[PDB]
Amino acid sequence: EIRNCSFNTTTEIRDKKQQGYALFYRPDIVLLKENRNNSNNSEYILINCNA
Amino acid sequence: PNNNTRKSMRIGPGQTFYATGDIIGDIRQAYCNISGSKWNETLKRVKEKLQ
Amino acid sequence: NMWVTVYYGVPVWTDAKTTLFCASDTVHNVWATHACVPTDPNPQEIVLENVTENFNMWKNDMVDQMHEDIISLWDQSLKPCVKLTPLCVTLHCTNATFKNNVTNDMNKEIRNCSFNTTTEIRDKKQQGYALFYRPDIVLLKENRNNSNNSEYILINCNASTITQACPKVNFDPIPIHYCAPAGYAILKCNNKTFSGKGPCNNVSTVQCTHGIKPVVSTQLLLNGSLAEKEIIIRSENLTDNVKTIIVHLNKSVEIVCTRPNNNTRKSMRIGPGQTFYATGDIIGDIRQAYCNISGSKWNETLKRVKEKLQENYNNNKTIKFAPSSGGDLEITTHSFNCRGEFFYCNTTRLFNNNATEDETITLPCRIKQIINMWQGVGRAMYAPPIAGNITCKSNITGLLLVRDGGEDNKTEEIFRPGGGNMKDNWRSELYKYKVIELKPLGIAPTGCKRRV
Amino acid sequence: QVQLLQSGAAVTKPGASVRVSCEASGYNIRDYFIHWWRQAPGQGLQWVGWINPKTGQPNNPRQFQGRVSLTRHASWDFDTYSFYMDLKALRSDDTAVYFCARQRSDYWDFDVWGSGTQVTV
Amino acid sequence: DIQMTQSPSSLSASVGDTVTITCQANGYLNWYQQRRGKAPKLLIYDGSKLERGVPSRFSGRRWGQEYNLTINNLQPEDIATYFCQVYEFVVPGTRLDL
Amino acid sequence: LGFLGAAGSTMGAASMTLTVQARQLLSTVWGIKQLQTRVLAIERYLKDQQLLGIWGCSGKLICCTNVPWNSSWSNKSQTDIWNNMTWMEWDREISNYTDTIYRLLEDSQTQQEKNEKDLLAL
Amino acid sequence: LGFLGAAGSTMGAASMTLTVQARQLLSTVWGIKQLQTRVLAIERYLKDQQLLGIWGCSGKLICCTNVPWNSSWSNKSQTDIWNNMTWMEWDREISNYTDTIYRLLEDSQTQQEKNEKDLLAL
Amino acid sequence: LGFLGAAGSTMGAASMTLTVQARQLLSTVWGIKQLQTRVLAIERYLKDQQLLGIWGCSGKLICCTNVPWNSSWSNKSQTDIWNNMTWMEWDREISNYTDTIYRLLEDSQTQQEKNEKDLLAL
Ligand SMILES: *[C@@H]1O[C@H](CO)[C@@H](O[C@@H]2O[C@H](CO)[C@@H](O[C@@H]3O[C@H](CO[C@H]4O[C@H](CO[C@H]5O[C@H](CO)[C@@H](O)[C@H](O)[C@@H]5O)[C@@H](O)[C@H](O[C@H]5O[C@H](CO)[C@@H](O)[C@H](O)[C@@H]5O)[C@@H]4O)[C@@H](O)[C@H](O[C@H]4O[C@H](CO)[C@@H](O)[C@H](O)[C@@H]4O[C@H]4O[C@H](CO)[C@@H](O)[C@H](O)[C@@H]4O[C@H]4O[C@H](CO)[C@@H](O)[C@H](O)[C@@H]4O)[C@@H]3O)[C@H](O)[C@H]2NC(C)=O)[C@H](O)[C@H]1NC(C)=O
Ligand SMILES: *[C@@H]1O[C@H](CO)[C@@H](O[C@@H]2O[C@H](CO)[C@@H](O[C@@H]3O[C@H](CO[C@H]4O[C@H](CO[C@H]5O[C@H](CO)[C@@H](O)[C@H](O)[C@@H]5O)[C@@H](O)[C@H](O[C@H]5O[C@H](CO)[C@@H](O)[C@H](O)[C@@H]5O)[C@@H]4O)[C@@H](O)[C@H](O[C@H]4O[C@H](CO)[C@@H](O)[C@H](O)[C@@H]4O)[C@@H]3O)[C@H](O)[C@H]2NC(C)=O)[C@H](O)[C@H]1NC(C)=O
Ligand SMILES: *[C@@H]1O[C@H](CO[C@@H]2O[C@@H](C)[C@@H](O)[C@@H](O)[C@@H]2O)[C@@H](O[C@@H]2O[C@H](CO)[C@@H](O[C@@H]3O[C@H](CO)[C@@H](O)[C@H](O)[C@@H]3O)[C@H](O)[C@H]2NC(C)=O)[C@H](O)[C@H]1NC(C)=O
Ligand SMILES: *[C@@H]1O[C@H](CO)[C@@H](O[C@@H]2O[C@H](CO)[C@@H](O)[C@H](O)[C@H]2NC(C)=O)[C@H](O)[C@H]1NC(C)=O
Ligand SMILES: *[C@@H]1O[C@H](CO)[C@@H](O[C@@H]2O[C@H](CO)[C@@H](O)[C@H](O)[C@H]2NC(C)=O)[C@H](O)[C@H]1NC(C)=O
Ligand SMILES: *[C@@H]1O[C@H](CO)[C@@H](O[C@@H]2O[C@H](CO)[C@@H](O)[C@H](O)[C@H]2NC(C)=O)[C@H](O)[C@H]1NC(C)=O
Ligand SMILES: *[C@@H]1O[C@H](CO)[C@@H](O[C@@H]2O[C@H](CO)[C@@H](O)[C@H](O)[C@H]2NC(C)=O)[C@H](O)[C@H]1NC(C)=O
Ligand SMILES: *[C@@H]1O[C@H](CO)[C@@H](O[C@@H]2O[C@H](CO)[C@@H](O)[C@H](O)[C@H]2NC(C)=O)[C@H](O)[C@H]1NC(C)=O
Ligand SMILES: *[C@@H]1O[C@H](CO)[C@@H](O[C@@H]2O[C@H](CO)[C@@H](O)[C@H](O)[C@H]2NC(C)=O)[C@H](O)[C@H]1NC(C)=O
Ligand SMILES: *[C@@H]1O[C@H](CO)[C@@H](O[C@@H]2O[C@H](CO)[C@@H](O)[C@H](O)[C@H]2NC(C)=O)[C@H](O)[C@H]1NC(C)=O
Ligand SMILES: *[C@@H]1O[C@H](CO)[C@@H](O)[C@H](O)[C@H]1NC(C)=O
Ligand SMILES: *[C@@H]1O[C@H](CO)[C@@H](O)[C@H](O)[C@H]1NC(C)=O
Ligand SMILES: *[C@@H]1O[C@H](CO)[C@@H](O)[C@H](O)[C@H]1NC(C)=O
Ligand SMILES: *[C@@H]1O[C@H](CO)[C@@H](O)[C@H](O)[C@H]1NC(C)=O
Ligand SMILES: *[C@@H]1O[C@H](CO)[C@@H](O)[C@H](O)[C@H]1NC(C)=O
Ligand SMILES: *[C@@H]1O[C@H](CO)[C@@H](O)[C@H](O)[C@H]1NC(C)=O
Ligand SMILES: *[C@@H]1O[C@H](CO)[C@@H](O)[C@H](O)[C@H]1NC(C)=O
Ligand SMILES: *[C@@H]1O[C@H](CO)[C@@H](O)[C@H](O)[C@H]1NC(C)=O
Ligand SMILES: *[C@@H]1O[C@H](CO)[C@@H](O)[C@H](O)[C@H]1NC(C)=O
Ligand SMILES: *[C@@H]1O[C@H](CO)[C@@H](O)[C@H](O)[C@H]1NC(C)=O
Ligand SMILES: *[C@@H]1O[C@H](CO)[C@@H](O)[C@H](O)[C@H]1NC(C)=O
Ligand SMILES: *[C@@H]1O[C@H](CO)[C@@H](O)[C@H](O)[C@H]1NC(C)=O
Ligand SMILES: *[C@@H]1O[C@H](CO)[C@@H](O)[C@H](O)[C@H]1NC(C)=O
Ligand SMILES: *[C@@H]1O[C@H](CO)[C@@H](O)[C@H](O)[C@H]1NC(C)=O
């Protein structure tokens, strides 16, 4: 149920990125492009953030 | 019942995001507690009035 | 016998709080014509004989209404203007290089900042540059291997959004008149020596007031009006050391301020119709900005202020001035607004009690472009440059003084420049009047009986 | 809930500048003046000064001019403020407990006081 | 300037006694309870108003320039020095014994 | 004299300017505020007109109400009230009876118009 | 009794509380809705006052209209109407004649004031 | 005939339709504009009613004002005015005296109601 999601997002400057992480509950995570060679590289998004 | 220690990550110029950082202690499911006898009496009375 | 008789239209009133209309005389200046109605032509003032009315300047509501309206209007006046969010990027700021006699003091103030920003197409970048004043640049990650690779940003662009002022906004403090709504009227005190709080015994009724210039300044009051008869000191309890002392002068002192540099402007496009203005280069030499205050007029003014302050306290006390105790730049120095340029002038040569023989006192000034005017509240504004040198002149008509604490075993009282609370400046004009609510329905006994 | 937290005691030598901090939280800080007081052992409370949390203007009495610098640093979103008293020309006569307090009224009524920072010289 | 006096320099009473402490000043006064501890606690503000959280034992009255700080039903918890203030001026208080 | 005019004059003299004060009761976000102001002014005017109507004084500035004056409200001669007092002083003098008298006025109109007049139309 | 009060009482008794109901007719997006509400309440009040004015009943709660009652509208004794009916029942009883009677009332005022009174002032 | 009706008819004939015109005075950004419109219509109605009230003509469409007609305002017979002119022509004919006459009307009401009537109630 509790997933450790790592992601690259913005910071308070237009030209820099941050690598961070957060714990999310499974119902809020949607799977994309499951990686069958190394399951730790599967892609996920926040539920309905694409809609 | 969990502590769910919070982490705060900045996204932009005054735009901040809050998410669970880590958890101190063990992890249990959330739950609700309803008194057994009060519920049983309530349903008995509801059944009588519906009938 | 006696009977009750009802009279409608009785000239009585009570104290009340309401909303006043703005009016002004006839590019759209912030405030004024864009959202105001015509003024009352040929307005009348009706003297109320044998009427005494208690006016408190400090508790007047009109001050809060004026404060709110000015803040709201300013924010709207900036709402449609170009935002500088795409410029909150890494800057490389080095010493600006000029070919003509730049003083060693200015080499540390004007920085040549190179940066990579957007253009009017989503897939392309521009490498550009601009000259900025040191107070607007914040250092990040200083490079100790090659100091020219240190990173800089615009001040506070990481905290909020900086919005460039639209070049078509008129920042002249055009006087705005306040008109009472129907059912309400404004009472004015015509007692030339009124302290600002108390039972004024010479009052008149005004349907709509005269105009007040929304001038923004600190430490000294500019423009506005002069006292009719004498210098007046207004200060709430007077003995309470956290209450401002407002000195209303009966004679003005002329002050001339200038930015002598040409500051040739460059215009760089950021996006689809979003343009940014910044100083390109400077033709000629570089000098500090400054203000010129006549020496003898200032010396006379301070002599008279000291005499009137002494009259309001124990006679066994010397009145002296001292430099400002410090704090934010907006209150440490005197704040101006001359054609959009915000000056922060060092006034320690005026309040040091040094009777300097100089015919003209000259005060160095700093100019800053990223201004958060309302004590940190509101959007940060970027003031674009104007090519050519700028001169301006204004009248100093009052002072904001703060008492230097207090103790025993002391034979002198020290006053320092204060201010920073815009409401006090607005009070220095609104103190003359208050708003009343008409209560026209009254009853009284007489011999009037119905025939019925 | 109005809260004022203070730093712990500091011990130094004459001439060494000392900083005493007070952190305000849990209320709208910008609406009230913050005052500093000095309580020497066995004595009453001496007034040290006031600071306006919105403009930063200090006001100190004659005996502390040129020696005490009062400042403030606002935190993000103005939820808390850190106030500081920097005493420069420190002497052995300045051993005292330094308190911060909120002025909530026009009578100089101080409702909430900090714990007090002991300075020994 | 604001002049002040304070009397007595010290007070000694029994438990349950009603006592007064006199302070004179030409200005707004307040009163504080100073303990050998973290901070003084404000007791009285304005001419005669009590703060929230103050037990209903402390009271006061003014006549001319004098204030009495009447303390009814004095309890062991009330051993403290009572300070009197006008703006920036704080006058050393009366040390109460019990 | 204009609005309010002789505000400090005696109660008698001030009765000759009742129309002067009576005519002054009627006449993007800022527009909303002004609107709100106009609506409140209209409501106050209508409340005063409705109150005068209930008392049976509609359309008049001076009206007899057929209610005796009580000695508990005031005890002054007509000369003292009309020549030795202003309207502000009188308004303060009987402020605490403002609503009591109004109730009696409503009752007077209740007694008249229906109970004392409907029986005569018959 | 308060607003509406004896709503279920007879037509006669209810006539003594007409002022109680009469006084209850007057007093960011949400503010706009409230405004709209105030304006509609004002318009309804003014329409009722204008209608009473046209009928010649301005400033009164009870007025004679000098229009004979038609037997086609109702056929009840005064006792039955005033002591044996409520105002709701009466309102339903003659609902379909509400506008017809109003026209006659306007015509009555048209016949009076000018045609029957202007010739006498001469 | 409806609103305005016989606009081109003589002044006499047009007096019989005064109620027809009188009834037509009362009844997201677009809503704000409509509101503003409603408020202005209400203000104009109230100003006209207040002016009629001040003149002592409240609740009436026809009223005598007890003010003599001056030969400097017009010099026409009653037949010429009422049978040989329309209201538009008359309105133009005396336009420049519109405010002067109004002042006299206010003074007439000032002379009446108080000065000529209060002394009789005594
Ligand atoms: C207390 O009160 C005192 C008394 O009022 C205050 O002090 C006064 O404050 C006012 C208001 O700022 C000053 O008025 C301005 O004066 C300047 C000076 O004008 C001289 O030069 C003009 C030529 O301009 C050219 O040279 C200048 C540099 O020399 C250069 O900057 C400019 O771009 C251009 O290249 C002459 O025309 C002018 O003569 C005229 O005025 C004389 C006044 O005395 C008069 O005697 C003459 O007969 C003649 O009528 C004079 O020699 C003016 O330049 C400035 O003009 C602005 O405002 C007016 C008013 O509407 C407007 O018509 C102008 O077009 C101009 O407005 C531009 O800037 C606005 C900024 O808000 C902007 O909103 C406009 O849309 C417009 O923008 C255009 O230009 C900019 C600039 O590049 C561009 O970026 C835009 O895209 C657009 O193209 C004012 O008239 C007083 O001089 C000053 N002193 C006195 C004694 O009155 C004091 O400030 C108060 N206290 C406080 C604290 O404020
Ligand atoms: C700056 O701040 C200071 C405070 O820090 C402020 O001082 C106040 O200012 C007001 C206005 O001037 C003062 O009011 C005056 O006080 C004079 C003396 O004190 C009076 O009030 C005492 C309080 O008693 C209570 O009970 C009385 C009724 O008994 C009631 O009125 C009070 O409101 C209160 O409830 C009272 O004890 C005292 O009586 C003593 O003194 C008199 C005088 O010797 C003596 O006869 C008595 O026997 C007794 O010993 C007195 O009543 C007072 O003289 C003065 O009276 C004049 O004005 C009133 C009307 O206002 C007239 O009726 C009277 O005849 C006089 O003409 C007035 O009442 C107030 O006391 C100060 N407050 C404090 C805390 O000091 C400054 O004004 C501020 N300055 C600025 C610029 O803002
Ligand atoms: C916007 O940024 C400024 C500083 O600017 C730059 O960006 C920041 C995100 C950091 O990466 C900075 O390193 C960088 O220069 C922020 O103000 C800065 O805050 C820091 C603390 O967070 C200050 O550092 C410390 O301050 C204490 C004060 O007691 C010193 O004792 C320390 O030795 C150290 O200096 C730093 O000085 C300060 N900078 C300025 C110019 O005041 C600002 O908070 C930030 N805005 C937001 C909303 O985060
Ligand atoms: C909800 O009910 C459960 C019972 O199943 C509670 O769990 C008990 O909690 C007590 C302490 O509060 C323990 O001593 C027991 O051993 C627990 N028993 C079980 C089966 O878990 C639980 O605490 C209740 N929660 C609340 C909030 O009332
Ligand atoms: C500010 O810095 C810029 C960047 O170096 C200077 O512009 C450069 O000037 C050199 C020499 O003329 C040119 O070779 C570069 O191509 C210029 N760069 C750009 C982006 O145009 C500019 O002259 C400096 N201004 C001052 C006043 O020192
Ligand atoms: C803007 O972009 C230019 C081009 O990429 C950057 O110039 C490079 O800077 C690095 C050091 O950071 C050098 O090693 C490269 O050789 C430079 N490129 C060229 C073509 O000279 C410049 O640093 C960027 N500036 C910012 C603030 O991002
Ligand atoms: C009270 O205030 C009025 C102002 O409303 C004063 O009347 C003015 O007097 C000056 C000097 O004679 C005239 O120039 C003004 O025209 C007058 N104003 C009006 C509206 O007539 C009056 O003198 C003041 N009285 C006192 C005693 O100060
Ligand atoms: C302004 O108001 C003050 C206060 O009423 C007037 O000063 C008073 O003047 C009278 C003489 O007429 C003295 O008896 C009072 O003692 C004075 N009181 C104070 C507090 O000074 C002053 O005269 C008024 N100004 C004008 C021009 O009339
Ligand atoms: C402000 O005052 C200074 C005086 O210090 C003026 O500087 C003088 O300017 C004149 C020409 O206007 C020169 O001939 C003098 O040699 C200058 N003297 C000094 C000491 O600089 C300055 O011009 C004044 N500025 C304004 C705007 O009036
Ligand atoms: C305003 O200018 C004065 C000097 O005119 C500054 O005070 C002194 O400046 C000299 C250098 O010119 C220093 O050597 C002194 O140490 C300064 N005095 C103090 C007490 O530090 C003053 O600091 C300036 N103020 C601002 C805000 O810039
Ligand atoms: C800028 O000027 C200073 C002189 O104050 C000098 O020390 C510094 O090295 C200069 N910076 C560059 C990049 O040349
Ligand atoms: C200003 O007031 C002073 C009194 O403090 C007086 O001496 C001086 O002449 C006045 N000046 C003017 C221009 O009225
Ligand atoms: C300033 O005025 C004082 C009198 O108060 C005088 O002694 C001094 O010489 C004057 N100084 C100048 C420069 O005018
Ligand atoms: C530079 O200053 C000169 C006057 O010394 C002026 O003639 C010229 O137009 C100015 N140029 C700019 C771009 O401001
Ligand atoms: C500076 O401004 C003044 C007046 O605006 C002007 O006379 C003078 O020529 C200007 N100097 C330069 C170098 O632009
Ligand atoms: C300063 O005051 C004088 C005298 O009233 C006036 O002539 C001058 O125009 C004023 N200056 C300004 C900038 O308003
Ligand atoms: C305080 O108590 C003493 C006891 O005699 C009394 O004389 C004095 O008037 C009192 N003062 C007040 C202000 O109550
Ligand atoms: C004010 O009082 C005097 C007293 O003589 C009187 O003559 C004057 O008319 C009064 N004021 C008014 C407006 O009536
Ligand atoms: C006057 O009022 C008092 C108190 O309300 C009342 O007792 C008394 O009867 C009233 N007088 C008359 C004549 O009604
Ligand atoms: C309801 O009907 C009963 C019938 O006896 C009557 O007594 C009562 O008064 C009526 N209610 C009202 C409010 O009149
Ligand atoms: C009553 O109404 C009917 C129908 O409208 C009509 O025929 C009859 O004449 C009316 N009665 C009178 C007396 O007018
Ligand atoms: C009104 O007309 C409807 C038919 O449209 C009828 O059902 C109803 O009973 C009528 N009511 C009266 C009071 O005439
Ligand atoms: C228009 O004039 C003619 C002239 O004969 C008249 O008969 C007709 O009635 C007039 N129109 C109206 C509406 O009165
Ligand atoms: C008619 O008006 C004129 C001018 O206003 C005036 O002179 C004349 O006296 C007036 N006639 C009467 C009878 O008042």
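Naming convention: chains lettered A, B, ... in sequence-line order (proteins, then strands); numbering from 1 in each chain. Only part shown; contacts counted inside that part.
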**Q** At chains D and E, which drug or drug candidate appears?
**A** 3BNC117
**Q** Write down the name, per the PDB entry, of the macromolecule bound to 3BNC117 (chains D and E) with the most contacts.
**A** CZA97.12 SOSIP.664 Envelope glycoprotein gp120
**Q** Quick one: other chains with a heavy atom closer than 4.5 Å to 3BNC117 (chains D and E), which letters?
**A** B, C
**Q** Where, taxonomically, does chain C originate according to the PDB?
**A** Human immunodeficiency virus 1
**Q** Among the chains of 3BNC117 (chains D and E), which has the largest tally of heavy-atom pairs under 4.5 Å with chain C?
**A** chain D
**Q** Hey, could you tell me which residues of chain C are within 4.5 Å of 3BNC117 (chains D and E)? Heavy atoms only, please.
**A** C:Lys59, C:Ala159, C:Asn237, C:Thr239, C:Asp240, C:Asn241, C:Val242, C:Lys243, C:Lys317, C:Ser325, C:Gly326, C:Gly327, C:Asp328, C:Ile331, C:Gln375, C:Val377, C:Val402, C:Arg403, C:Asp404, C:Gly405, C:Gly406, C:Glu407, C:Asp408, C:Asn409, C:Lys410, C:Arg416, C:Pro417, C:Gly418, C:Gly419, C:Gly420
**Q** What residues of 3BNC117 (chains D and E) sit in heavy-atom contact with chain C, using 4.5 Å as the cut-off?
**A** D:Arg30, D:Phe33, D:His35, D:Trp47, D:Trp50, D:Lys54, D:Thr55, D:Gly56, D:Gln57, D:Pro58, D:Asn59, D:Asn60, D:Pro61, D:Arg62, D:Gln63, D:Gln65, D:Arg72, D:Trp76, D:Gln103, D:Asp106, D:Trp108, E:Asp1, E:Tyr28, E:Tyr87, E:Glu88, E:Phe89
**Q** Any idea what name the entry gives to chain D?
**A** 3BNC117 Fab heavy chain
